[PDB]
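Lab note: Androgen receptor, hydroxyflutamide bound.
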Amino acid sequence: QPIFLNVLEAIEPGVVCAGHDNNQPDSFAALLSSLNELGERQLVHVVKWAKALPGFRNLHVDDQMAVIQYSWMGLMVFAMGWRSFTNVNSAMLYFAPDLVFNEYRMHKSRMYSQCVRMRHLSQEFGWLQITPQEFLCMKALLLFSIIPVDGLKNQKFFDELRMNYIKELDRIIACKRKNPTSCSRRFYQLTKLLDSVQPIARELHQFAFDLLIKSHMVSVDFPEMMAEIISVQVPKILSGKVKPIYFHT
Amino acid sequence: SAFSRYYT
Ligand SMILES: CC(C)(O)C(=O)Nc1ccc([N+](=O)[O-])c(C(F)(F)F)c1
């Protein structure tokens, strides 16, 4: 009966790996070259995952592309937290298997505060008793959670489609939690969780772009496609031309 | 772009 939820699980990506020299003593330059590799791989995986989404083929192929490029980091950060939650129970950061982040790597990467934030969201998963089905469904909602204020090439469709993903999230909660101030209690937190992802993303958007600019001066390598997105679409978000849709203000 | 042309 869970037609929507079959799909989401059915289309779930594999455990992507970075290919990081775990035998080499840590260094900013080494660390961030694997995280850029990681980004670039996961991006591909996001692309294929996203195209299978129910009603995604509905969007105009530019919107299809745009929502991917805009929402791409937040998705990486969401799933990531679930990975560190379910693999390392939230003690470290399960980026990929070959790239798990301890405290000293967190600091050595120069994204410490930013990771502080992400280990929190990892902790949120447990604290809030997030279900696997609750995760997947929140995860899907996130591709539809960041519009350009400029206007999408076909907004109407996007809006219909988004409004539906919320129904589906409702339905996942309203299922086994039969009660008024329960479904209500839950949704709040979940939307309150989903919103909290955005600040993390924009921070990583700032670090990335920054690193990208000063990359000539650090020995850190941006994949052909990493670096186009970070230059072409990220500055849109950072310049405020693209904003996240928030549940609360 | 590089994304748009890998995408389609
Ligand atoms: C491209 C930038 C600097 O490397 C980056 O933040 N990469 C990156 C790669 C993978 C993952 N991941 O979810 O496993 C993440 C992050 F979502 F955790 F932040 C970032």
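The sequence lines fix the lettering, A, B, ..., with proteins before strands; numbering per chain opens at 1. Header says: X-ray crystallography, 3.3 Å. Indexing begins at 1, ligand by ligand and atom by atom, following the structure's order. Hydrogens, waters and symmetry mates are skipped; everything else that's a heavy atom, side chains included, is used.
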*Within the structure, which other chains come under 4.0 Å from hydroxyflutamide at some heavy atom?*
A
*asked:* Mind telling me the covalent anchor of hydroxyflutamide, residue and atom, or none?
replied: none
_Hmm, which UniProt domain of chain A ends up with most residues touching hydroxyflutamide, do you think?_
NR LBD
*Tabulate residues with any non-hydrogen atom nearer than 4.0 Å to hydroxyflutamide.*
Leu35(A), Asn36(A), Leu38(A), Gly39(A), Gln42(A), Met76(A), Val77(A), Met80(A), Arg83(A), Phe95(A), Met118(A), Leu204(A)
